[PDB]
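Working notes, beginning with the structure itself.
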Amino acid sequence: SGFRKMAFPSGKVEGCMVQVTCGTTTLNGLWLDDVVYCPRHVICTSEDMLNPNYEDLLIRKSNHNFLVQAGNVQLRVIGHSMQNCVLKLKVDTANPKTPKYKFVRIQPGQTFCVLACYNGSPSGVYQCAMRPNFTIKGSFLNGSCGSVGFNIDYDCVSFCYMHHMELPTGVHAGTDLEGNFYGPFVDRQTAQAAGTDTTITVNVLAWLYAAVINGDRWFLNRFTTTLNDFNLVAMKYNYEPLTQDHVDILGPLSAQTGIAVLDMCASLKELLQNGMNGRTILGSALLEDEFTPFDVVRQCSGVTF
Amino acid sequence: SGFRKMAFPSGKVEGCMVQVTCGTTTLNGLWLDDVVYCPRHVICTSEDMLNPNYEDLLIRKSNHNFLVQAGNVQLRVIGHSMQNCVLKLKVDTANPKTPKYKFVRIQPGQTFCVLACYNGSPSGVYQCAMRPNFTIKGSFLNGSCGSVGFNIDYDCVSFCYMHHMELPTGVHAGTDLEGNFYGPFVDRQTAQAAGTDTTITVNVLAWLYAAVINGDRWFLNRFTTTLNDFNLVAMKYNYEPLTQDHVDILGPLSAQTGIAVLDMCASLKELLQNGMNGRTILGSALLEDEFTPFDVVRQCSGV
Ligand SMILES: *[C@@](O)(CO)[C@H](C[C@@H]1CCNC1=O)NC(=O)[C@@H](CC(C)C)NC(=O)c1cc2c(OC)cccc2[nH]1
Ligand SMILES: *[C@@](O)(CO)[C@H](C[C@@H]1CCNC1=O)NC(=O)[C@H](CC(C)C)NC(=O)c1cc2c(OC)cccc2[nH]1
């Protein structure tokens, strides 16, 4: 038993982190087979970052301008290209530690593990959630750009995030492994503000199911509700609306506990309208929204990879 | 900026996780060099676990009784010894993925990272703290015995915990890599209780410093307190006393924020007596104590 913020093992992603340096600008890159993926602003200097033209700056660069380093071993760049805000560099060596992988664009609320890297050297690992406003409440310092977020399924590593920005409010923003930003942010040295955040309803419900599984079920009521009526009420409390995919992934926890998705919704809808009246769930009076139904299943069922 | 429960990368440890099987009992083992470490209750049957005479049960075992599997390969046990509750299995092959490692006994309040494994396969990683009562609030299911906790310094892995037991309260207990249990627990199949837990004060103060570094300052105040007067209130609320060493370890965080330790203590004392109202610190409604000054300094340096 026990419920904690659990991250996937990072062994597979560690062997793919490399250091990409252009001039004096250095960040982390992802070495998959014979291609290294990294943020494109590495070709930028301190001043160009203010207002850059990446297409203009890239034409002035050649393969020999890029320094790719695995440890202290250089990987000669034999080709370069730009896809959105991500830069792709072909190297002369196929990563012998390349795992079965895939590129995926996660959804708001979905969780992933972040491998904090600095100078191509992994330093820490932690789990985080893609907030409804397309930001992540992570932990990043200078030199963390290029750090990737991932999910481990079976033996495939599904890369879904590459770090780029830290907003003024302390949150962070990035793109997928195809250079496409999450949210309306841009890779420029500018103070950008994200939209108002909301509570991830699907995750709060998965937390409730985690409680019901652990004998804590006082919050269950004899009420039910429609998916539409619940979503309209949930928005009045800063709770993200539920989707078809949300109801589906809540199935396993629904069958295991025997409580229908729409029954738990009415139970959560009551917790929002009347409060908690003291008391707590899983020992905490604060509703947690950064545990997906999978995180509840994986951690309560010991799923390995 | 930002603060998050961060664990060390588990790559160097994943290459050492194997599966040990004896009869109908299976658990995880740690393969370092030509040796494999695992809990000794793997040699026990469902009946022996109730009251195991491990010395007796061990001598009645042979090398071929232990099935050590490393992925799709089986390791040949050419020897077996016992060091307290840890069973040392010698094999014919040396683990090439064996990193530079050391065996250390963690202290209460210190933190380490746990690599949860089931059947010799890593399932997840998280950071946890050795509670003052020598338990840990981890996440372990059946087949988790053999999982190890560790800290990494440069490229040297410091092993300090091997999982064994889940108390009836839902907490977890285990031993260091020398087989010595943390706390007054024994590896028998009995319901065991731990001593009354206390809060790691120095970790709470460090976590408050992390909150201030990240823009949270509502709990601060103008008052200041003496070390003794703070400890009097801390002990009253079941908080570990703050030592002059603890004050020194907090120095770097006090300089970065400009808030003196005894000034932070005044805030904590007020939080203990008045509560947190409906407010939160770093997204939490409870005073966190599973972050050491080092863990805070690592994430908040330069911010
Ligand atoms: C990468 O290391 C760049 O390689 C960092 C990541 C941040 C450093 C501290 N913590 C981080 O998460 N990214 C940057 O330094 C750039 C990214 C651009 C060039 C794509 N800048 C910012 O993140 C940035 C810029 C501003 C700003 O404009 C001056 C105002 C407020 C915040 C801010 N953040
Ligand atoms: C190992 O996986 C066994 O190989 C297992 C892991 C824990 C149980 C589920 N979660 C865990 O973290 N450990 C045990 O089952 C140990 C075995 C001992 C060391 C031989 N025992 C317990 O966890 C245990 C026994 C009892 C008990 O008695 C009977 C009464 C109440 C709780 C309890 N836990």
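Quick note on labels: first sequence line is chain A, next is B, and so on, each numbered from 1. Computed from heavy atoms alone, side chains included, the values below leave out hydrogens, waters and symmetry copies. Read the numbers this way: they start at 1 and go in the same order the structure lists the ligands and their atoms.
Modeled at ligand 2 is a drug that PDB records call PF-00835231 (bound form). Ranked by contacts, the top partner of PF-00835231 (bound form, ligand 2) (the one with most) is named in the PDB entry as 3C-like proteinase nsp5. Counting only heavy atoms under 4.0 Å, the other chains near PF-00835231 (bound form, ligand 2) are B. Using a 4.0 Å heavy-atom cut-off, the binding site of PF-00835231 (bound form, ligand 2) is formed by B:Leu27, B:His41, B:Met49, B:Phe140, B:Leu141, B:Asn142, B:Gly143, B:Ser144, B:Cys145, B:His163, B:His164, B:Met165, B:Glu166, B:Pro168, B:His172, B:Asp187, B:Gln189, B:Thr190, B:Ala191.
Taking every non-hydrogen atom of B:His41 and a distance limit under 4.0 Å, the qualifying atoms of PF-00835231 (bound form, ligand 2) come out as 3 (C), 4 (O), 19 (C), 20 (C). Using a 4.0 Å cut-off to heavy atoms of B:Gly143, the atoms of PF-00835231 (bound form, ligand 2) that qualify are 2 (O).
The contact set between PF-00835231 (bound form, ligand 2) and B:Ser144, taken as ligand atoms under 4.0 Å from a residue heavy atom, comprises 2 (O), 6 (C), 11 (C), 12 (O). Distances below 4.0 Å separate heavy atoms of B:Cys145 from the following atoms of PF-00835231 (bound form, ligand 2): 1 (C), 2 (O), 3 (C), 4 (O), 5 (C), 6 (C), 13 (N). Rounded to 1 Å, the minimal heavy-atom contact between PF-00835231 (bound form, ligand 2) and the UniProt active-site residues of chain B is with B:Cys145, 2 Å. Proximity to B:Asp187 (heavy-atom distance under 4.0 Å) selects the following atoms of PF-00835231 (bound form, ligand 2): 19 (C), 20 (C). Short contacts between PF-00835231 (bound form, ligand 2) and B:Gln189, defined as distances under 4.0 Å to a heavy atom of the residue, involve ligand atoms 16 (C), 17 (C), 18 (C), 21 (N), 22 (C), 24 (C), 25 (C), 28 (O), 29 (C). Per UniProt, most contacting residues of chain B around PF-00835231 (bound form, ligand 2) lie in the domain Peptidase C30. On a distance-only criterion, B:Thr26 and PF-00835231 (bound form, ligand 2) share no N/O pair closer than 3.5 Å. Of all the atoms in PF-00835231 (bound form, ligand 2), the ones that sit under 4.0 Å from a non-hydrogen atom of B:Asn142 are 9 (C). Close approach to B:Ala191 involves these atoms of PF-00835231 (bound form, ligand 2), each under 4.0 Å from a residue heavy atom: 27 (C), 28 (O), 30 (C), 31 (C). For PF-00835231 (bound form, ligand 2), the polar-atom distance check against B:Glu166 finds a nitrogen or oxygen pair separated by under 3.5 Å. In the PDB entry, the organism given for chain B is Severe acute respiratory syndrome coronavirus 2. In this structure the covalent anchor for PF-00835231 (bound form, ligand 2) is B:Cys145 SG.
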